[PDB]
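Note that chain A is numbered according to the PDB entry, with residues 50-562 shown in order. Heavy atoms only: backbone and side chains are in, while hydrogens, waters and symmetry mates are out. Ligands are counted one by one from 1 in listed order, and the atoms in each one are counted from 1 as well.
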Amino acid sequence: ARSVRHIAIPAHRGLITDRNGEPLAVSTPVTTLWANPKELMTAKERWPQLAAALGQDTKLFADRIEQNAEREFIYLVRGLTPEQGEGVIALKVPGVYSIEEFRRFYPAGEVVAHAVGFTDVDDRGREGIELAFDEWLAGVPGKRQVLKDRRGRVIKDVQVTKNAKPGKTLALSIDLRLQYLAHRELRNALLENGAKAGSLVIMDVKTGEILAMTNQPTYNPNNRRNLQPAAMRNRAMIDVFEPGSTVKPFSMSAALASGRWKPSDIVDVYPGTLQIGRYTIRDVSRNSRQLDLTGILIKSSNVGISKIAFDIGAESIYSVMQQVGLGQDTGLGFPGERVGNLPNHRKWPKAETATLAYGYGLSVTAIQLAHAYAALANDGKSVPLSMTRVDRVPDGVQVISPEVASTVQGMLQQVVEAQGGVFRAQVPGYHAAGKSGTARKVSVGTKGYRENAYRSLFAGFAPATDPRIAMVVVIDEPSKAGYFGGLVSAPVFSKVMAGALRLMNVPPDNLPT
Ligand SMILES: *C(=O)[C@@H](NC(=O)[C@H](NC(=O)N1CCN(CC)C(=O)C1=O)c1ccccc1)[C@@H]1N[C@@H](C(=O)O)C(C)(C)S1
């Protein structure tokens, strides 16, 4: 009984590129060699030559065919270069048949593994963009008819029943040049500092495009041999943290929007504590007795921010935070992505009101944090995020008055450049602005906080005169060269922002440096 078999024609999976066409995920053609044992049994004399061409051992190769002498089909070796396979087929060994397949290849490897993700052995998206746009990127295989004889030898390819159709191309918002830069600097910082993990997000403040998104640890998607679950996490999007002092500029925005505060107002912060109930608000830098509003950010006074918070009420703070998108849904639909949490209480005690205002009792993703800073930097206009390239600048929503936004921009520029500021965040050639942050990590195995485990943050944008990009840098558990946001994350911000701005041809607004 001889028969017509149907065989599959593999389809081309769609090309994933960066915003300028750099390929990030590509289906590369490869050759899979298969054999008809029956046909091979009639050429035993050719085996050793064949086994040596496939690099296999002669006897082990022979046992294989002998074990499967009954079958009319077995794989010899899968995934060869189109050159090698045709080299072996040129040997004319009976019973040896090739077929063109595809291998998904990631040219930038670990640089973009988190954002891009990967496919499985049957080319289904399993992680990341591969997963998220699987329908878009997948193609439909073809089918064709082959005529086989009694003993499984292929006589004729009779017809193609249906053609293969390739997937569609996807252009991301990422700029791979910025991504290369960001990845390397974040990795350096992680190693210098003895940190466990980190994230780094860069955003176009005008368009909402995610220009770069890297995390540590990472992995090579082209070789997942000894892959650990930890390394696979796109932490920027799926890991949440308490933003700490990095939310003060929004507290401060609420204050200026309340009508009850103005930049020149001075707040008494002595003695760097403020007892309320059984809980004690503390400042780290206990030097100045009184600060103006700009000095509350520069020195990052929790006490100072608390007092403003007691004046204006929680709802005015909760509401600015909500409007800049903290604890809100981004709309990206990245797999695993978290919304985070902006607590809503019926009545707001003093404690929760103060901790909210200086960044605890709420949890954000690095992506949200950057989104919020982008709104601030875009003169109070929030624009929706995109992880795909944006055709035309979208309509944004005015979430902070331009005048408040402008004022807070000036303040944050001070935080960086003023004496006693976060000088390590300065970008050569440009004026930049931003906020340091340093948060104790939450205890494992109990409520409350860890006595020696810190998360280091820096969040800012540049250029100060006309902002173009917002950036966030988050490093977990540094243990080698201090832990303050402004010692650990700010220098990373400095370098990447420098490169970023250069690589996008933004003209320097601070010729003096
Ligand atoms: C901003 O981040 C601010 N950081 C701290 O005050 C920080 N405080 C905390 O981590 N916590 C944990 C949660 N709770 C309970 C609700 C707190 O009361 C609280 O304050 C802190 C504390 C000790 C050592 C380092 C950090 C200020 N800004 C940072 C910064 O890096 O810019 C400073 C270190 C200057 S303090």
Participant: List the macromolecule sharing the largest contact count with ligand 1, named according to UniProt.
Facilitator: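 The main partner is Peptidoglycan D,D-transpeptidase FtsI.
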Participant: State which drug is located at ligand 1.
Facilitator: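 At ligand 1, it's piperacillin (open form).
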Participant: Provide the covalent bond partner for piperacillin (open form, ligand 1): one residue and one atom, or none.
Facilitator: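 As deposited, the covalent bond from piperacillin (open form, ligand 1) reaches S294 OG.
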Participant: Tell me the contacting part of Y328 for piperacillin (open form, ligand 1): side chain, backbone, both, or neither, using a 4.0 Å heavy-atom threshold, strictly below.
Facilitator: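 Near piperacillin (open form, ligand 1), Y328 shows its side chain, while the N, CA, C and O stay back.
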Participant: Which option, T329, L536, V333, owns the non-hydrogen atom nearest atom 36 (S) of piperacillin (open form, ligand 1)?
Facilitator: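 Of the listed residues, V333 has the closest heavy atom.
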Participant: Closest UniProt active-site residue of chain A to piperacillin (open form, ligand 1), and its minimal non-hydrogen distance to 1 Å?
Facilitator: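 UniProt active site, heavy atoms, to 1 Å: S294, 1 Å.
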Participant: What protein heavy atom lies closest to atom 30 (C) of piperacillin (open form, ligand 1)? Include the residue and the distance to one decimal.
Facilitator: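 I find the closest protein heavy atom is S485 OG, 3.1 Å.
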Participant: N351 versus piperacillin (open form, ligand 1): do any nitrogen or oxygen atoms come within less than 3.5 Å of each other?
Facilitator: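 Yes - when backbone and side-chain N and O of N351 are compared with those of piperacillin (open form, ligand 1), one distance drops under 3.5 Å.
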Participant: Using a 4.0 Å heavy-atom cut-off, which part of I330 comes near piperacillin (open form, ligand 1): side chain, backbone, both, or neither?
Facilitator: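 It is neither part, as no heavy atom is under 4.0 Å.
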Participant: Around piperacillin (open form, ligand 1), which residues have heavy atoms within 4.0 Å?
Facilitator: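 Within 4.0 Å on heavy atoms: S294, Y328, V333, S349, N351, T404, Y407, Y409, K484, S485, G486, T487, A488, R489, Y498, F533, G534.
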